[PDB]
Amino acid sequence: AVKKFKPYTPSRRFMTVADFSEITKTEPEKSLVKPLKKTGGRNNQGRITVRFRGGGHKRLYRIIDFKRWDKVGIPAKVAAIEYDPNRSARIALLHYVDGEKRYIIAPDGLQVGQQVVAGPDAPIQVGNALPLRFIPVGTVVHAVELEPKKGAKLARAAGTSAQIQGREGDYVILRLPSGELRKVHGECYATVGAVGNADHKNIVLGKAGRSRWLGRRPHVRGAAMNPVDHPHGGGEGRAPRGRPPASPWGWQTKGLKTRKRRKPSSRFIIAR
Amino acid sequence: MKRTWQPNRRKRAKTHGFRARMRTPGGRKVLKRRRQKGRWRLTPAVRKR
RNA sequence: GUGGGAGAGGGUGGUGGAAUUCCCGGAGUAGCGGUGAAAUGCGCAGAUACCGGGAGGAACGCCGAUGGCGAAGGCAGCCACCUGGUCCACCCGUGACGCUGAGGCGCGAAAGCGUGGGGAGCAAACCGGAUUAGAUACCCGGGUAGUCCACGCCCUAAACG
RNA sequence: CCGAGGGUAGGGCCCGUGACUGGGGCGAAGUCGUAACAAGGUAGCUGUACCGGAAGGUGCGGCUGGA
RNA sequence: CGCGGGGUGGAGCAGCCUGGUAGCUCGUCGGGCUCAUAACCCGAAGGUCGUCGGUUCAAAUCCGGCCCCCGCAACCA
RNA sequence: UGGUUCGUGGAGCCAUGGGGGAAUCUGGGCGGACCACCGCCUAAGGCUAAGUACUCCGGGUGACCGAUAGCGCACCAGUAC
RNA sequence: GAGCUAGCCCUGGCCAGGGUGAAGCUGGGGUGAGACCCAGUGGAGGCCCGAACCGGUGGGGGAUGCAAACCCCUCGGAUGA
RNA sequence: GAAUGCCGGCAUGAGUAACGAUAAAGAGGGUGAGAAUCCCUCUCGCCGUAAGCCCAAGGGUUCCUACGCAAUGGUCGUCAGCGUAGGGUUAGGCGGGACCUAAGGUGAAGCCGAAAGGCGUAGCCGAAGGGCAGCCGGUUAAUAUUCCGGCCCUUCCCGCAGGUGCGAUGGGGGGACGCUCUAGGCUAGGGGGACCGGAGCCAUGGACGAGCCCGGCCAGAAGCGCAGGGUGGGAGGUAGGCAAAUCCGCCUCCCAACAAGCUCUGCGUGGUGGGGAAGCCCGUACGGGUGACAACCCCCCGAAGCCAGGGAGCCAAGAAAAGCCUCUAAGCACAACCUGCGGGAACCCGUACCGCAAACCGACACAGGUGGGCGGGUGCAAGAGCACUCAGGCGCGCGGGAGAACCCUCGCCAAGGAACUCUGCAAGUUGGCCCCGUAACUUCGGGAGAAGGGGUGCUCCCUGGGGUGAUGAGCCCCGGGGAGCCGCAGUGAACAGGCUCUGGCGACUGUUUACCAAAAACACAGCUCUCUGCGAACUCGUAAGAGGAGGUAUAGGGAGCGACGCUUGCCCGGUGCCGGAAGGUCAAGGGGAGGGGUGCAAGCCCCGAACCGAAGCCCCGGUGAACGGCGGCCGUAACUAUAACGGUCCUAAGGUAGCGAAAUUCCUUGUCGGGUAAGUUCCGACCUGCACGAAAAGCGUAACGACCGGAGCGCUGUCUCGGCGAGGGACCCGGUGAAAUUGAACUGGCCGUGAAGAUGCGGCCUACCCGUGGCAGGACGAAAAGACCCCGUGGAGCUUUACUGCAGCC
RNA sequence: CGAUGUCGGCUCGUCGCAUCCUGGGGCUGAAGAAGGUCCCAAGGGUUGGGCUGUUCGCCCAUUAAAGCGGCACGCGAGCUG
Ligand SMILES: NC[C@@H]1O[C@H](O[C@H]2[C@@H](O)[C@H](O[C@@H]3[C@@H](O)[C@H](N)C[C@H](N)[C@H]3O[C@H]3O[C@H](CO)[C@@H](O)[C@H](O)[C@H]3N)O[C@@H]2CO)[C@H](N)[C@@H](O)[C@@H]1O
Ligand SMILES: [Mg+2]
Ligand SMILES: [Mg+2]
Ligand SMILES: [Mg+2]
Ligand SMILES: [Mg+2]
Ligand SMILES: [Mg+2]
Ligand SMILES: [Mg+2]
Ligand SMILES: [Mg+2]
Ligand SMILES: [Mg+2]
Ligand SMILES: [Mg+2]
Ligand SMILES: [Mg+2]
Ligand SMILES: [Mg+2]
Ligand SMILES: [Mg+2]
Ligand SMILES: [Mg+2]
Ligand SMILES: [Mg+2]
Ligand SMILES: [Mg+2]
Ligand SMILES: [Mg+2]
Ligand SMILES: [Mg+2]
Ligand SMILES: [Mg+2]
Ligand SMILES: [Mg+2]
Ligand SMILES: [Mg+2]
Ligand SMILES: [Mg+2]
Ligand SMILES: [Mg+2]
Ligand SMILES: [Mg+2]
Ligand SMILES: [Mg+2]
Ligand SMILES: [Mg+2]
Ligand SMILES: [Mg+2]
Ligand SMILES: [Mg+2]
Ligand SMILES: [Mg+2]
Ligand SMILES: [Mg+2]
Ligand SMILES: [Mg+2]
Ligand SMILES: [Mg+2]
Ligand SMILES: [Mg+2]
Ligand SMILES: [Mg+2]
Ligand SMILES: [Mg+2]
Ligand SMILES: [Mg+2]
Ligand SMILES: [Mg+2]
Ligand SMILES: [Mg+2]
Ligand SMILES: [Mg+2]
Ligand SMILES: [Mg+2]
Ligand SMILES: [Mg+2]
Ligand SMILES: [Mg+2]
Ligand SMILES: [Mg+2]
Ligand SMILES: [Mg+2]
Ligand SMILES: [Mg+2]
Ligand SMILES: [Mg+2]
Ligand SMILES: [Mg+2]
Ligand SMILES: [Mg+2]
Ligand SMILES: [Mg+2]
Ligand SMILES: [Mg+2]
Ligand SMILES: [Mg+2]
Ligand SMILES: [Mg+2]
Ligand SMILES: [Mg+2]
Ligand SMILES: [Mg+2]
Ligand SMILES: [Mg+2]
Ligand SMILES: [Mg+2]
Ligand SMILES: [Mg+2]
Ligand SMILES: [Mg+2]
Ligand SMILES: [Mg+2]
Ligand SMILES: [Mg+2]
Ligand SMILES: [Mg+2]
Ligand SMILES: [Mg+2]
Ligand SMILES: [Mg+2]
Ligand SMILES: [Mg+2]
Ligand SMILES: [Mg+2]
Ligand SMILES: [Mg+2]
Ligand SMILES: [Mg+2]
Ligand SMILES: [Mg+2]
Ligand SMILES: [Mg+2]
Ligand SMILES: [Mg+2]
Ligand SMILES: [Mg+2]
Ligand SMILES: [Mg+2]
Ligand SMILES: [Mg+2]
Ligand SMILES: [Mg+2]
Ligand SMILES: [Mg+2]
Ligand SMILES: [Mg+2]
Ligand SMILES: [Mg+2]
Ligand SMILES: [Mg+2]
Ligand SMILES: [Mg+2]
Ligand SMILES: [Mg+2]
Ligand SMILES: [Mg+2]
Ligand SMILES: [Mg+2]
Ligand SMILES: [Mg+2]
Ligand SMILES: [Mg+2]
Ligand SMILES: [Mg+2]
Ligand SMILES: [Mg+2]
Ligand SMILES: [Mg+2]
Ligand SMILES: [Mg+2]
Ligand SMILES: [Mg+2]
Ligand SMILES: [Mg+2]
Ligand SMILES: [Mg+2]
Ligand SMILES: [Mg+2]
Ligand SMILES: [Mg+2]
Ligand SMILES: [Mg+2]
Ligand SMILES: [Mg+2]
Ligand SMILES: [Mg+2]
Ligand SMILES: [Mg+2]
Ligand SMILES: [Mg+2]
Ligand SMILES: [Mg+2]
Ligand SMILES: [Mg+2]
Ligand SMILES: [Mg+2]
Ligand SMILES: [Mg+2]
Ligand SMILES: [Mg+2]
Ligand SMILES: [Mg+2]
Ligand SMILES: [Mg+2]
Ligand SMILES: [Mg+2]
Ligand SMILES: [Mg+2]
Ligand SMILES: [Mg+2]
Ligand SMILES: [Mg+2]
Ligand SMILES: [Mg+2]
Ligand SMILES: [Mg+2]
Ligand SMILES: [Mg+2]
Ligand SMILES: [Mg+2]
Ligand SMILES: [Mg+2]
Ligand SMILES: [Mg+2]
Ligand SMILES: [Mg+2]
Ligand SMILES: [Mg+2]
Ligand SMILES: [Mg+2]
Ligand SMILES: [Mg+2]
Ligand SMILES: [Mg+2]
Ligand SMILES: [Mg+2]
Ligand SMILES: [Mg+2]
Ligand SMILES: [Mg+2]
Ligand SMILES: [Mg+2]
Ligand SMILES: [Mg+2]
Ligand SMILES: [Mg+2]
Ligand SMILES: [Mg+2]
Ligand SMILES: [Mg+2]
Ligand SMILES: [Mg+2]
Ligand SMILES: [Mg+2]
Ligand SMILES: [Mg+2]
Ligand SMILES: [Mg+2]
Ligand SMILES: [Mg+2]
Ligand SMILES: [Mg+2]
Ligand SMILES: [Mg+2]
Ligand SMILES: [Mg+2]
Ligand SMILES: [Mg+2]
Ligand SMILES: [Mg+2]
Ligand SMILES: [Mg+2]
Ligand SMILES: [Mg+2]
Ligand SMILES: [Mg+2]
Ligand SMILES: [Mg+2]
Ligand SMILES: [Mg+2]
Ligand SMILES: [Mg+2]
Ligand SMILES: [Mg+2]
Ligand SMILES: [Mg+2]
Ligand SMILES: [Mg+2]
Ligand SMILES: [Mg+2]
Ligand SMILES: [Mg+2]
Ligand SMILES: [Mg+2]
Ligand SMILES: [Mg+2]
Ligand SMILES: [Mg+2]
Ligand SMILES: [Mg+2]
Ligand SMILES: [Mg+2]
Ligand SMILES: [Mg+2]
Ligand SMILES: [Mg+2]
Ligand SMILES: [Mg+2]
Ligand SMILES: [Mg+2]
Ligand SMILES: [Mg+2]
Ligand SMILES: [Mg+2]
Ligand SMILES: [Mg+2]
Ligand SMILES: [Mg+2]
Ligand SMILES: [Mg+2]
Ligand SMILES: [Mg+2]
Ligand SMILES: [Mg+2]
């Protein structure tokens, strides 16, 4: 839906906030299962190695369930859907009959009170997790494992999915959010449905501060700098570059393919 | 204005203390040099309890 | 009201095959495209033609009509749901309850605008190749918006009987 | 007190005028090209959009005021 | 003032560096087609190569001096 | 590749990072590519005095200084600052 | 050497008093249902005036200074990047 | 004898400048060898959201007392933060530690690295964060929440007594949390009082008066009362909480839906303890006594503090661990653990004083900087603002006279009002609040405090709402209406926008050259390109590893452009990147045709053509929100002019829209038009664009701006054109007393001359010796071994298709 | 070049004369008035504004006139910037 504001201030005239109506009466989270201390820090042991990180709201990590094959066969009741500061998506709090409480990343269409479960069994319904094999060709799916028993790694961003395209002996072909065509092992779990919160892309930050709230420090142009700092630094009053556009570290930034050629992963990929 | 000396007993101790110098080869040599020199004070005297 | 009947009338979901284009595999050569005639273009880096597989999008041949439905604009493969109008029989009920309708409100092809999606074929603009005195055209080879979808605007027409 | 009127301040309407600019009307025999009327030599007309010295062309859908 | 590029039939251009032959398009002229004009078709005409000098057997062409033309430069103060 | 006087040189010898990979005296290395001959040694395990270097420390001597010299310090100096 | 300075990380603190009055909620109106429109309530904001505070705009003074960056009048922000 | 030489010493300027905020002083009396400066009293002035008081950090003897004055104090000094000596810092409850964890640090296991070393789960260290039991008075010259008095607590250990399965570093519960707005009841603090207490006091015209002045509390266990925080009770089934659980969790039925009940805090009350002014007398440097058997009561305001884990709203979604509750395991159940009561045990370190400052950081008793808490009263709409002022603390450690110029700071002015000048720079007008009233334009919010106005004090009369009180008085907030009064003037003092029009640039709030630039620069939401499939790309590191990310294409990196609106045309020839199982070339390697050196030979050892050989390049295609680029010369219309039209040459293609003498226009003050008496600027146009132009974006744009340009109104010492006045200096006296500079000096003008600008040489002219206050023409005056310029085969930062390497990648 | 601060403005002047004005004078194609042109002559005077950093210049309104130049393009230990 997206919340919109009137221009009672500049920067409030474009600003735009998510709709939280799917956030069920459960705004503060769940101890026990999560949260952990989350360790803010824009850099490695010592030095900054990703520029322009820092500031922005304190967070608690929700330790979510990315391998659903523990509770094969054990169903769970979806108890709530809550805000997760550390991902684009929303998260489902679910209660297993087992007693155990996990969070699943919350797919589009998930309703509270719903039944959900994981395993070879598993009715093909939104919320359920299955090894890729038993899932019908053509169904859209998410939180897909890359290699079996290694955890969900594909399609967890808000409003993303992959579609099952066909099969090939032990592998089923996937079409990933990027549009790539991937052979992913049959035995990999993946949960049916799309991610949801799909209006995430429609949000307009609206002002500088908002950027900072999310811990995004001001990014400065190479043009703004000096020859010591950047290939684009200097010279006089503005300058068009004077070389093929580059990163600060000298590599070209328009076109230069960067995936290494001889990756053994290659023989499992069929697209862009 | 604000000058450059902003005394702190803990800082002076953690920074220039006998135990800091002892911790690394760089520092151990400092004690060696100061000893051979005949320095009355190997490290700065940080006070208080 | 009871009882039926025809329908491309509307919205939503789902699905089928033919064909085009791209990919892969097989077999296979020396030309294929194209026009009034040609050229640009494509092709021994293996084209065109043929077979096999895959992907994707748009439009539904035959039925099909000089036919049907709608208030118009308009609506055409199939299935299901939801829903509007309408016509007949019976003459049961109400009982003048009617007609039109400034303004208002809604609907309104195509092209067009916004946000996001999709993009096979076609195709403004655009670039080529011919034609001409010149061609910013007609013909030829390419090709982006757009054409398709969702939501929101736009209100025009030979919206013509 | 009110009060003609003067003063100040800011609006609304109307008329006049302005370098320059926009298109228009009218003016016997200046230029370019051929768009239309005959299948006008690309049927025409049309709403829209884009492009073009110009008439105009082309895309989309429409109409018979054409076969 | 400095620099380097240019003047060729009526128009615009080639021809020079490897000296001896000046060619292309348009235009002009005569004829044909048409009722007529353009288009089109058949024929023809047309150039002291900016001027001055000599180098050579021979200069559009090589080298100097002027002359217009074009472009660049003129910076630190 | 380093070492040697040796800087790729006709470039040996002595070490080695990488690859291939023997033999036990009629076996192996060397004498400046290489080959023949004649000779010299006996690799891939270790230890080993003395002669040699140095002067914090003590002693001796000085065509060495004599308090701006001589050690930074003749003096409570690596101090005060 | 980051006891100045730059950035980030962990944990605390501070921001007088005024204005302006977004959404929403409530009632009323409108419709077939809506949109929408009226109040009333509400208390949003890199909103406004303005201290503390954080700055350093213009002018003057100061120039062997009170001061190796200061003072005076003036001025920007002051719930946020 | 020279080195802007080194070390030292002493001159010069010079009794000069200065003596550190313009908050300010005067006098009487002491002490003393000696008083502007020390003690005291009286008067005066300054601070008072401090210039008062309390914590922290830092400092480290500076605290208190006695005796001292050579030095330290910008003067003096009997004084002191100075010198000598002596004393002074008392804790189970305050802070820190025998408690816990954060970032980070260290680090067993483990990984890595020539060595040094680098990583690194558990653990350990790490604190203004969590946990945690003392409040109010009195004493010292100097400490006290530490000693003492009263009242009240916590842990241990050992006992008795009564309960229960007890029982772990292990499970679970809790602890446990954002920002803004906030209710109810409280305390802190404050205002009033005809009421209670109190020394006293009638002044100078009046007043013996519900007269003035001073003061009317603090702490406090159990138990109560008022607020308020936390929280459901059963019973079953159980596969999860990494063994086990009765615990938690999940399901299912019953009872509650309430704070009813249990707790747990805060506040009042409390046995009791304590405090208790003005004024007067005293002798202190200061405190003591009396006032007093002090009284110790009623109203009202009221927090940002308390109840606290209160409530509502919002998105950016808001530490950890221990203590504490509970659950069970090993074990043990003559243990143990809980509850009650006794007795005993309770260590270590800090404690002085300074602390917005003369004791801290600035070489100084330095106009600077320094974190947290309290910070009274009255008035001004409010307030931590502003004026006065409590408590309390100060007069800033040189003075005294004078009444010149000149400077700083301030006040006022005839007439004119920007004529000043680069510019209204500066200075002035304006100013708070209530009420009228407000345009273009606009993104519908704004522009808006637009503009422009009026009201503002005091007195009496009538009168409307609330709050606290019972529905009332008072007390406290807000209002309305009616007469009148005084002054030049009623936010009568202090604090408190000058306004408009129109362009440029940037959308906007923000950021920046700390110490000459705050901007039109950076940033910014947003837009497009491009890389990246996850052991991602990329970045740091030799590595291990880490960031990215405990993320996964709506995500992450790189680049540009920079809200928004309308839009971003053509060129892929070169360079870049992307795509091409063809070809050409291409190294090590493979291969050996063939030949060479020695050997009597078997042999050993050399070169070596075909030919198979990667990426890279060449070659073939693509691609401009990739690097970039986007023409010339002639002719032509029935007045001239001009050129829709044409010819030709070249290119990869020949700048479209829109803008244009511009932050771009050289010729240039282009040419018209507007503002003006007059306009190199400014605004609107034309286009002949030296040398605009479409994401180094193009043309626009409401709003915003300590940005930059132009105009007008208002107002003024900016100016005509100055004048006067104030105070701080300047000047004279007493006290302390520098500095750069300096070859030596017995240092005149003119015309000459001289290395070409002479106090010094020549001629001439002038001129008695020495100072004081002033002015700056000169001493090519001081200051910096010229910044510009050149030179040196001097140095650095930067660039690239300079050379040569290296990391990196293929 | 071990430093001669560099445009313009302001402030204060001063000097030369090849004089802009005023005084004196000759010729004039000087009727008079007013001009023209040369000679003598510096004693004194030589305005205020608009644009521009400007010097200069162009205007505006006046005037007896709106003089040229020198003094380190006079003058920054005098100011401005
Ligand atoms: N005529 C009415 C409107 O104006 C234009 O018309 C004007 C012009 O286009 C037109 O020009 C014509 C030209 O078209 C035609 N081919 C040649 C003719 N000689 C010209 O003629 C014109 O100019 C001359 C002077 O030179 C006058 O004397 C004459 O009257 C006038 N018509 O003359 C018209 C003036 O009246 C539009 N073209 C026309 O279609 C439109 O409807
Ligand atoms: Mg690192
Ligand atoms: Mg480290
Ligand atoms: Mg978008
Ligand atoms: Mg940036
Ligand atoms: Mg820069
Ligand atoms: Mg570089
Ligand atoms: Mg430039
Ligand atoms: Mg360039
Ligand atoms: Mg550059
Ligand atoms: Mg094939
Ligand atoms: Mg029906
Ligand atoms: Mg009937
Ligand atoms: Mg009737
Ligand atoms: Mg009708
Ligand atoms: Mg429509
Ligand atoms: Mg359409
Ligand atoms: Mg468009
Ligand atoms: Mg669209
Ligand atoms: Mg096509
Ligand atoms: Mg076509
Ligand atoms: Mg019809
Ligand atoms: Mg008009
Ligand atoms: Mg036609
Ligand atoms: Mg025609
Ligand atoms: Mg036609
Ligand atoms: Mg059309
Ligand atoms: Mg076209
Ligand atoms: Mg008609
Ligand atoms: Mg002819
Ligand atoms: Mg220079
Ligand atoms: Mg230069
Ligand atoms: Mg060597
Ligand atoms: Mg080896
Ligand atoms: Mg050997
Ligand atoms: Mg050998
Ligand atoms: Mg040998
Ligand atoms: Mg030999
Ligand atoms: Mg030997
Ligand atoms: Mg001697
Ligand atoms: Mg000595
Ligand atoms: Mg001696
Ligand atoms: Mg010495
Ligand atoms: Mg820091
Ligand atoms: Mg506020
Ligand atoms: Mg409202
Ligand atoms: Mg507010
Ligand atoms: Mg604000
Ligand atoms: Mg405060
Ligand atoms: Mg700053
Ligand atoms: Mg300032
Ligand atoms: Mg000065
Ligand atoms: Mg301020
Ligand atoms: Mg503000
Ligand atoms: Mg403010
Ligand atoms: Mg000498
Ligand atoms: Mg000396
Ligand atoms: Mg003197
Ligand atoms: Mg003096
Ligand atoms: Mg003096
Ligand atoms: Mg003083
Ligand atoms: Mg005063
Ligand atoms: Mg005496
Ligand atoms: Mg006062
Ligand atoms: Mg002492
Ligand atoms: Mg003392
Ligand atoms: Mg004494
Ligand atoms: Mg003294
Ligand atoms: Mg004495
Ligand atoms: Mg003492
Ligand atoms: Mg102990
Ligand atoms: Mg500890
Ligand atoms: Mg370590
Ligand atoms: Mg750790
Ligand atoms: Mg610990
Ligand atoms: Mg604590
Ligand atoms: Mg404690
Ligand atoms: Mg004390
Ligand atoms: Mg006690
Ligand atoms: Mg137990
Ligand atoms: Mg626990
Ligand atoms: Mg009290
Ligand atoms: Mg009396
Ligand atoms: Mg009282
Ligand atoms: Mg268990
Ligand atoms: Mg007393
Ligand atoms: Mg709460
Ligand atoms: Mg622990
Ligand atoms: Mg103490
Ligand atoms: Mg104390
Ligand atoms: Mg303080
Ligand atoms: Mg003090
Ligand atoms: Mg002092
Ligand atoms: Mg101070
Ligand atoms: Mg000090
Ligand atoms: Mg401060
Ligand atoms: Mg207060
Ligand atoms: Mg107050
Ligand atoms: Mg008050
Ligand atoms: Mg006020
Ligand atoms: Mg104040
Ligand atoms: Mg005046
Ligand atoms: Mg006056
Ligand atoms: Mg006036
Ligand atoms: Mg002026
Ligand atoms: Mg002037
Ligand atoms: Mg101006
Ligand atoms: Mg001003
Ligand atoms: Mg305005
Ligand atoms: Mg009045
Ligand atoms: Mg800006
Ligand atoms: Mg600066
Ligand atoms: Mg500044
Ligand atoms: Mg600024
Ligand atoms: Mg944009
Ligand atoms: Mg990693
Ligand atoms: Mg991570
Ligand atoms: Mg930019
Ligand atoms: Mg472009
Ligand atoms: Mg190109
Ligand atoms: Mg290319
Ligand atoms: Mg190409
Ligand atoms: Mg390639
Ligand atoms: Mg080879
Ligand atoms: Mg190759
Ligand atoms: Mg074009
Ligand atoms: Mg122009
Ligand atoms: Mg003009
Ligand atoms: Mg003016
Ligand atoms: Mg004018
Ligand atoms: Mg203009
Ligand atoms: Mg530009
Ligand atoms: Mg561009
Ligand atoms: Mg821009
Ligand atoms: Mg513009
Ligand atoms: Mg604007
Ligand atoms: Mg700003
Ligand atoms: Mg600004
Ligand atoms: Mg004045
Ligand atoms: Mg005066
Ligand atoms: Mg005075
Ligand atoms: Mg004196
Ligand atoms: Mg000297
Ligand atoms: Mg003399
Ligand atoms: Mg001379
Ligand atoms: Mg002499
Ligand atoms: Mg002389
Ligand atoms: Mg003198
Ligand atoms: Mg002088
Ligand atoms: Mg002076
Ligand atoms: Mg001078
Ligand atoms: Mg020099
Ligand atoms: Mg050289
Ligand atoms: Mg010089
Ligand atoms: Mg000198
Ligand atoms: Mg000098
Ligand atoms: Mg004369
Ligand atoms: Mg005369
Ligand atoms: Mg000016
Ligand atoms: Mg002069
Ligand atoms: Mg000159
Ligand atoms: Mg000049
Ligand atoms: Mg000068
Ligand atoms: Mg001077
Ligand atoms: Mg300047």
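In what follows, chains carry the letters A, B, and so on, assigned in the order in which the sequence lines appear, proteins first and then strands, with residues in each chain numbered from 1. Values below: every heavy atom of this structure, side chains too, minus hydrogens, waters and symmetry copies. Both counts, for ligands and for their atoms, begin at 1 and track the order of listing. Be aware that this covers only part of the deposited structure, with contacts counted strictly within it.
Going through ceritinib, telmisartan, paromomycin, the drug at ligand 1 turns out to be paromomycin.
For paromomycin (ligand 1), the chief contact partner in this model is given in the PDB entry as 16S rRNA.
Under a 4.0 Å heavy-atom cut-off, the other chains found next to paromomycin (ligand 1) are D. According to the entry, the source organism of RNA chain D is Thermus thermophilus HB8.
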